[PDB]
Amino acid sequence: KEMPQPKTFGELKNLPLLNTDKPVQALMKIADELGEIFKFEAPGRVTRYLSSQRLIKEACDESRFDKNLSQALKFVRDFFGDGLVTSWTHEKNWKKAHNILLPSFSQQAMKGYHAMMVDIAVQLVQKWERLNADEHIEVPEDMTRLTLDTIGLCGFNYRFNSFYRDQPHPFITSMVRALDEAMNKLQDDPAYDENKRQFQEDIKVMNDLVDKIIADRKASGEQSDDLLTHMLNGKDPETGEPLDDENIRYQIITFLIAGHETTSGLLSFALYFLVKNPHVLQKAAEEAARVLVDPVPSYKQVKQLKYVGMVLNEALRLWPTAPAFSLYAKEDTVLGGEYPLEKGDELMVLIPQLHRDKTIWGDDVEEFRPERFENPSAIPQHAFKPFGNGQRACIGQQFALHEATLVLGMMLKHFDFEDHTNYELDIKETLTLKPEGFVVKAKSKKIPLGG
Ligand code: HEM
Ligand SMILES: Clc1ccc([C@H](Cn2ccnc2)OCc2ccsc2Cl)c(Cl)c1
């Protein structure tokens with residue numbers, strides 16, 4: 001009945017516990033100590049972190065709890081506006097944008113996206129084919145090159161050309177530097193006149209890209225029917241109106257970021273686990289060689305990479321790259337027959353801890369075993385939630401998994417991988433998670449590509 005709560009620092013409640021670069025991992029340690037639920041207090045705010053499937057399945061009941069804009073989400077709303085990720089479920093532009101953009105992520109749009117995904121995937125493979133002996137691969141860096149280019153090309157017919165650059169595309173660098181400048185600005189001096197600029201030019205770099213993506217499309221003798229097409233011309237089935245110009249800008253920035261960061265972390269973590277578990281890599285590589293018999297993979301061939309998809313879900317089990325989502329109680333209710341909640345109370349689903357629930361997965365929760373996912377009907381409801389919940393679940397789930405399956409399959413078909421530094425897992429936390437510094441050597445199997 002009584003709610004566990006970690007340690008207090010007087011007025012600053014529990015916050016100094018998150019005075020760290022890895023707050024999610026710190027919150028996971030707190031969950032290990034206190035268990036399935038614990039209150040976390042901050043000046044003027046209370047959050048309850050859930051970690052067990054028993055409680056989280058109640059939280060995922062949309063008749064009792066709806067998606068909450070956490071403080072983090074309310075903060076980044078300055079950048080993402082009332083786009084799909086940062087709007088309330090009862091905000092009119094959420095339902096309207098959901099209705100308009102849902103057809104862009106169907107298992108029919110994916111068929112039309114496939115060739116452009118292959119385009120960027122081939123560029124990745126060719127980069128690694130062209131490395132000299134004893135040169136190595138910066139894995140999350142190259143996965144980000146891939147996922148950024150893929151969402152840019154598939155969604156907006158815009159080429160970031162990340163494999164033509166030595167460092168991240170200026171749009172990425174400007175946003176990363178703009179987000180932290182907004183973080184530090186919360187804490188009017190002469191020496192900040194340089195900061196308020198790096199800011200202004202960063203805002204301009206991103207407004208210029210959004211302007212160009214829209215202008216390129218309007219000037220195009222267009223054979224285009226992609227995500228941007230529906231943003232600009234899709235009519236709402238309810239109201240019959242398209243999205244307004246301001247919301248469209250927010251959706252473009254929303255999908256550019258959401259469309260690549262979490263998928264890059266997934267591919268990075270999957271390759272990390274494969275090189276740390278050579279028996280699983282050998283098994284996945286055998287499926288890639290068996291299934292991908294053509295110079296470029298086809299849509300149907302990717303859908304037959306069954307074990308690769310299991311490798312991906314097991315990487316999402318251990319390190320779901322969007323590791324938490326927030327809910328609020330629609331009315332007074334009792335959670336799990338033990339914990340009374342008031343209307344408006346916030347719940348935070350700690351996905352990595354949920355995915356380590358021994359009562360669901362057994363004692364070996366830390367082992368990388370993709371065979372856990374051989375029979376999806378053996379996985380209880382709400383035990384596996386890497387893509388959120390309900391009507392506010394990830395609209396891009398199928399996009400991410402198709403891209404990641406295609407790419408990982410092509411990686412396994414064309415290269416043997418060596419953990420040449422004996423890499424020690426270091427998880428950097430930004431908007432997503434990724435294994436920082438993860439490097440490998442890839443020896444080419446010398447299998448031709450197509451074109
Ligand atoms: C492995 C990769 C990904 C993971 C783990 C992931 C995870 C999630 C999660 C947990 C949520 C719910 C957030 C919340 O409740 O506050 C969400 C929502 C969302 N995601 Fe993803 N995502 C991934 C890839 C993508 C991709 C590729 C796209 C776009 C192409 C995308 C776009 C979105 C959008 C627009 C929403 C908001 C949906 C709505 O509320 O209407 N995500 N995602
Ligand atoms: Cl605290 C927090 C941090 C990051 C995210 C999302 C996760 N994610 C990515 C793709 N699907 C879900 O990434 C940041 C982001 C990207 C566009 S808008 C927006 Cl916020 C959320 Cl939801 C909440």
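Each residue takes its place number in the sequence, starting with 1. Whatever order the structure lists ligands and atoms in, that order sets their numbers, starting from 1. In what follows, every heavy atom counts, from backbone to side chain, and hydrogens, waters and symmetry copies are set aside.
The main partner of ligand 2 in this structure, judged by heavy-atom pairs under 4.5 Å and named as in the PDB entry, is Bifunctional cytochrome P450/NADPH--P450 reductase. The drug name recorded for ligand 2 is tioconazole. Given atom 17 (C) of tioconazole (ligand 2), the protein heavy atom at minimum distance is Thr254 O, 3.2 Å.
Of the protein's non-hydrogen atoms, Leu431 O, 4.5 Å is the one closest to atom 5 (C) of tioconazole (ligand 2).
When hydrogens are left out, the protein atom nearest atom 23 (C) of tioconazole (ligand 2) is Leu73 CD2, 3.7 Å; that is the closest non-hydrogen contact. Within less than 4.0 Å of tioconazole (ligand 2), the other ligands and ions present are ligand 1 (protoporphyrin IX containing FE). Within the 4.0 Å heavy-atom criterion, neither part of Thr432 lies near tioconazole (ligand 2). Of the listed residues (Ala322, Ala400, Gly265), the one carrying the non-hydrogen atom nearest atom 7 (C) of tioconazole (ligand 2) is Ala322. For tioconazole (ligand 2), the atoms sitting less than 4.0 Å from at least one non-hydrogen atom of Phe80 are 17 (C), 18 (S), 19 (C), numbered in the order shown with element in parentheses. For tioconazole (ligand 2), the atoms lying closer than 4.0 Å to a non-hydrogen atom of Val76 are 20 (Cl). Using a 4.0 Å threshold on non-hydrogen atoms, atom 1 (Cl) of tioconazole (ligand 2) counts as touching the protein. Nearest-heavy-atom check against atom 11 (N) of tioconazole (ligand 2) across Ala258, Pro320, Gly388 picks out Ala258.
Atom numbering of tioconazole (ligand 2) starts at 1 in the shown order; those under 4.0 Å from a heavy atom of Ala72 are 1 (Cl).
Among protein heavy atoms, atom 22 (Cl) of tioconazole (ligand 2) sits closest to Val85 CG1, 3.4 Å. Among protein heavy atoms, the minimum distance from atom 8 (N) of tioconazole (ligand 2) is reached at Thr262 CG2, 4.0 Å. Lab note: binding site of tioconazole (ligand 2), heavy atoms under 4.0 Å, is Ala72, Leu73, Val76, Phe80, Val85, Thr254, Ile257, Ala258, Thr262, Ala322, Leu431.
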